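Pictured: 16S rRNA, co-complexed with paromomycin.
Below, read A as the first sequence line, B as the second, and so on, with proteins coming before strands; counting in each chain starts at 1. Partial entry shown, contacts counted within. Header lists the method as X-ray crystallography, 4.4 Å. We count ligands from 1, going down the list as the structure has it; atoms in each ligand are counted the same way. All heavy atoms count here, side chains included; hydrogens, waters and symmetry mates do not.
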Amino acid sequence: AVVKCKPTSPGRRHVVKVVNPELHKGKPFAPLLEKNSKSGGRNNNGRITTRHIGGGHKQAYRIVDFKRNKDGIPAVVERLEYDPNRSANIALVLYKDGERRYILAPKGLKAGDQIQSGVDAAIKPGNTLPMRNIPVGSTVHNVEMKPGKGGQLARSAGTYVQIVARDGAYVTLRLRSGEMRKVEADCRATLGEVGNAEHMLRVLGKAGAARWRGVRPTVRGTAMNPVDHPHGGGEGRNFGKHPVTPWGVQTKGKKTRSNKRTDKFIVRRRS
Amino acid sequence: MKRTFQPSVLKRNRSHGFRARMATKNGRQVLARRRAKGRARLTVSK
RNA sequence: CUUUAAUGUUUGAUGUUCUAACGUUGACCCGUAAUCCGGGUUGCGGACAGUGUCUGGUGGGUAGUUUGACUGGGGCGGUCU
RNA sequence: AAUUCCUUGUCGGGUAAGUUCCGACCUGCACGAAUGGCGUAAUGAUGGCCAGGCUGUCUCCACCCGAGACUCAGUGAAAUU
RNA sequence: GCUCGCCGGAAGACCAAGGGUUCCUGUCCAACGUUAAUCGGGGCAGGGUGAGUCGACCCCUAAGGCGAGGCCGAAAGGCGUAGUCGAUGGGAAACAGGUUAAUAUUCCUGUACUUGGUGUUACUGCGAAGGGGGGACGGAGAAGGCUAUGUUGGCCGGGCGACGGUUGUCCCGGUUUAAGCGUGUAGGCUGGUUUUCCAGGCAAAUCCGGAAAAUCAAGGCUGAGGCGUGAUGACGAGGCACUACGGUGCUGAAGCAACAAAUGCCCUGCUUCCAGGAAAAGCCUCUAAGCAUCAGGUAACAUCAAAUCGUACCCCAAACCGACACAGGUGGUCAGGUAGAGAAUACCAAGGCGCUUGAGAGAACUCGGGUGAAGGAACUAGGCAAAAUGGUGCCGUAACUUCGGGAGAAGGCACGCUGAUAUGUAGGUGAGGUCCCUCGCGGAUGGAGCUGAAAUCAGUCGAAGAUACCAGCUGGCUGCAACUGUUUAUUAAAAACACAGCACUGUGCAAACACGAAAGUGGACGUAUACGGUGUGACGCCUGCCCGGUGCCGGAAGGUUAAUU
RNA sequence: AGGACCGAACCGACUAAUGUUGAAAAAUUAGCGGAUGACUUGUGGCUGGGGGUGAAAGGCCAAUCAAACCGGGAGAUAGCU
RNA sequence: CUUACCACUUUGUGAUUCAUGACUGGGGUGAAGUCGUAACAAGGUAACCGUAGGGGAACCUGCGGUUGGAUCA
Ligand SMILES: NC[C@@H]1O[C@H](O[C@H]2[C@@H](O)[C@H](O[C@@H]3[C@@H](O)[C@H](N)C[C@H](N)[C@H]3O[C@H]3O[C@H](CO)[C@@H](O)[C@H](O)[C@H]3N)O[C@@H]2CO)[C@H](N)[C@@H](O)[C@@H]1O
Ligand SMILES: [Mg+2]
Ligand SMILES: [Mg+2]
Ligand SMILES: [Mg+2]
Ligand SMILES: [Mg+2]
Ligand SMILES: [Mg+2]
Ligand SMILES: [Mg+2]
Ligand SMILES: [Mg+2]
Ligand SMILES: [Mg+2]
Ligand SMILES: [Mg+2]
Ligand SMILES: [Mg+2]
Ligand SMILES: [Mg+2]
Ligand SMILES: [Mg+2]
Ligand SMILES: [Mg+2]
Ligand SMILES: [Mg+2]
Ligand SMILES: [Mg+2]
Ligand SMILES: [Mg+2]
Ligand SMILES: [Mg+2]
Ligand SMILES: [Mg+2]
Ligand SMILES: [Mg+2]
Ligand SMILES: [Mg+2]
Ligand SMILES: [Mg+2]
Ligand SMILES: [Mg+2]
Ligand SMILES: [Mg+2]
Ligand SMILES: [Mg+2]
Ligand SMILES: [Mg+2]
Ligand SMILES: [Mg+2]
Ligand SMILES: [Mg+2]
Ligand SMILES: [Mg+2]
Ligand SMILES: [Mg+2]
Ligand SMILES: [Mg+2]
Ligand SMILES: [Mg+2]
Ligand SMILES: [Mg+2]
Ligand SMILES: [Mg+2]
Ligand SMILES: [Mg+2]
Ligand SMILES: [Mg+2]
Ligand SMILES: [Mg+2]
Ligand SMILES: [Mg+2]
Ligand SMILES: [Mg+2]
Ligand SMILES: [Mg+2]
């Protein structure tokens, strides 16, 4: 549930949490974690590459496995876990083979359910399957860029992709961004919508939230001096300039998108 | 108040020590520089 | 032979199809009880993308500078032959 | 009005008397809707105005206890010129 | 040497960093101490820091660094695989007395402990750079139990008192004692065991993971402290004998109980929460190749080994950082008594000190304060500064409001001491006795003794009883900004920045973008409910009309147009 | 529970006085703000100069900052004193 | 003498009530001023109710509903 927050104190009167009590309360499956080490958006030379980034909590990475091989062998969702690395809600599984793994955990992820993955598998949320098999117009789930690459689409929470159509070896699908993309079809993609979905409700409230969440504050352009940002200048706010990135680039126009090595797998751009 | 010099043998060395000195191109030059000028203590010996 | 049309032939304009350069931050094998690298296999893409030379555009992101004198202080205004 | 030049605009409130303050009028030199408009409980070592208590802040200073100030002995500077 | 005064969550004690002989003794006083100086952190000498167990090496790794080959780059070099380094973190073991002028978990006494090699004996599958487990990890809060330790009584030693009284209900003091060994308790966690089967843990595995049955359940880990042993020992007030007067030898009483406690321990626990909480080795186990009467493995005990550096002293300071023997800066540890909510505070203990110029005098004036008739903000840019207020409980408390607040609003009342209730109550604590028993650090029932608040009465002294220190001033109107926060180190803390929220816009992942000539890397081990950029800046009601100009998005048919040919 | 309340340590720095050849190249004293958090601190590490970093003041980058310090080009140039 | 109860009276802070106030909201009356003509006929776009937005103003427009609508629809 979302649940608001009593105006018990300032910077808490707005807070809008999001509790999914069905999430494991103990620690994670240790043998599937591995450090993390904050980066602070720094480069290999210590030079800050991406601004606003640092602090936050410890954050230990899980394992996930957006590949989903282990075919034919079924498994029952052991539990449901909370994941810091992603927005979605990771979920254990344990195959009948005796091996335990993680999964983003889609819509219907009731603890105890079963799931498979393979040319045969079964059209059902949880079961991974190569689009070459799954029906057309399905909600799908974690799509896979290249064949067997590992899946990198609709991974965030509440995300999903619609298999608009297929034409031979390629399958034209619709990304959540609203773009008409194409894929090798021979790419696993599982089924069902990614869990949570109600994630886009968190209000946070107090600044701290974002801060201890691993996000530093942001400095506006028309706030600093010229020598520091194209949006410099002072003596009374002012501006009389074109909205540009700290490097002189219309942050309201352009597009930057210059690949030409991918347009091929693109029909209708994000609108 | 707090001055501008907080000593730390460990750091003092690995910062301007003959070792970290003989670690860079222009480093071994810094030495040779003195070695030529006949410096007493090359670089914070002990 | 000229004014002009089918055949071959040549060469440009695009448009497809192909693989064999070229890419792959897909999947394996080996070097190797390695995540880099290299070779091999296969799949995908494919003369495209990319790069080099030349070239039109854009380009305070950056850089070198200019931005006059008279003037009953200077500026403003006016003046300079 | 943190925007009003004329400006102490005018009127009302507070005063014994108010170029500040509060409430109004609109003749807005030169407010105005995310270089946001108007509000807004709580918050503030924030700006302005008022009051009670308080008092040497003041009328108008007086006394008192100490550290220098002065005398002695030892050491013994400075700027400037 | 006797007084006096100051610090005492320190101005004490120990330690890291840093210093580097400043330590100690004996000497010397030129220069160095802001004075004198016989004195010193000064000069000159010697003397002085003794470890298997403390630490550093040393194993293990974090950040990050380095980096064979390798990939890049005019050169120099950049980057990075294997791997190797790198603590601020993980791995094994010593305590208590004594002693030196100065050393001390190092030397002496006593009582222990760890690990490795070699040997004797008993038993046995041993075997990794490998698999698994374990190490091994967050915030906050909520108890209970325990110790530290204090208080009081007992006990023992001493004391009968410069002035009224003080041999019995009296004053002073002490009342200590560790590692280790046994016990395994308050309490915490978890069901065990056998057999069978298997697409997992890169090979294998008896280990782990999974599936079956079968069978018992009182099993198995863990863990403060207590109690014994340590220890008829030590220490111990105190005497007796000696002194160079610093300090010596010998001898030695009691040495228990109750209650009260911790921020320490049980507690890497328990509850709960979202921001979801190092790594690796040691360690336990499993097998691999190998071995295959062997070697090894396990336990007992005997023995040898445990190297090498550090160890003086300062360490909130006159030994460090500040040019000074400078009112500044400096991380960790310990935490007594009275009163108190308490590491505030006040007075004190152990402990340490009086700050390296002093003697007088008692002028204006400056500095820091105490008190002021009457008035009470007339001061002044301005109530600047002062003065005031201050506690616990109870009564009671407005507009407004986001229903939390505003609110300790405001404004009041009671507070000392003595007796009774009650010879000390309510509570806390919990000894015999007694009961039984799985069974003993057992359970029950007993409620002695110990400790002990508040209240209500009546009385009583002062001007005053939150008497000191300490310890909100309050209210009303209004601009700005939601609020905590942040900022011009050294004139600006704000109306500035930032923020939660909002909107626009870019980005399909080898993302956009950014660092980089490149290789590579961050973004992100993220993937549009995501990441970047910009502007606004909670929340409420909203957010109009203009696309002519500039930019940006879409079109490109046509006109103009580069290299080239 | 809380970027919750009062208040030490601890972090900070709003006011005044004193100092201004200071005890001190920013402190002392009496008040003052935050004090479970965007908290505070030890130890070590990574960002290097037109570059870094910056809850943005042109602030910090060793008492130095509208381009650090050191050495060199270098006896830069100086219609000026 | 003293204590208790209590009158006058004192203080602080709310509640209610009437008066009043720079200005201002709309409402009532007023022979003959301006601007338009919304409604009553199909009132010349049928009218009205609720509601929302817009506008010098009656009003207009959108959504749903009613007939208390005219025609031989
Ligand atoms: N007072 C009545 C209310 O207000 C309005 O009515 C008011 C006005 O509209 C109306 O004013 C009218 C004006 O409309 C019309 N075009 C001209 C006429 N002379 C005016 O009349 C008004 O002013 C004049 C002065 O000369 C007076 O004499 C007359 O009494 C007065 N009614 O007179 C009323 C003032 O009394 C509403 N129409 C009415 O429905 C409502 O109930
Ligand atoms: Mg600014
Ligand atoms: Mg610029
Ligand atoms: Mg400026
Ligand atoms: Mg320029
Ligand atoms: Mg030049
Ligand atoms: Mg006004
Ligand atoms: Mg607008
Ligand atoms: Mg006044
Ligand atoms: Mg003299
Ligand atoms: Mg010496
Ligand atoms: Mg000495
Ligand atoms: Mg000496
Ligand atoms: Mg490297
Ligand atoms: Mg190592
Ligand atoms: Mg360490
Ligand atoms: Mg007597
Ligand atoms: Mg010592
Ligand atoms: Mg000593
Ligand atoms: Mg001194
Ligand atoms: Mg007076
Ligand atoms: Mg006045
Ligand atoms: Mg004041
Ligand atoms: Mg005062
Ligand atoms: Mg104003
Ligand atoms: Mg603010
Ligand atoms: Mg603040
Ligand atoms: Mg300043
Ligand atoms: Mg300031
Ligand atoms: Mg703004
Ligand atoms: Mg604003
Ligand atoms: Mg707080
Ligand atoms: Mg102070
Ligand atoms: Mg506080
Ligand atoms: Mg540091
Ligand atoms: Mg500086
Ligand atoms: Mg030259
Ligand atoms: Mg010169
Ligand atoms: Mg009409
Ligand atoms: Mg209608």
Requested in this report: Report the positions of paromomycin in this structure by ligand number or chain letter.
Outcome: ligand 1
Query - Other-chain contacts of paromomycin, heavy atoms, cut-off 4.0 Å - result: G
Requested in this report: Name the source organism of RNA chain G according to the PDB.
Outcome: Escherichia coli
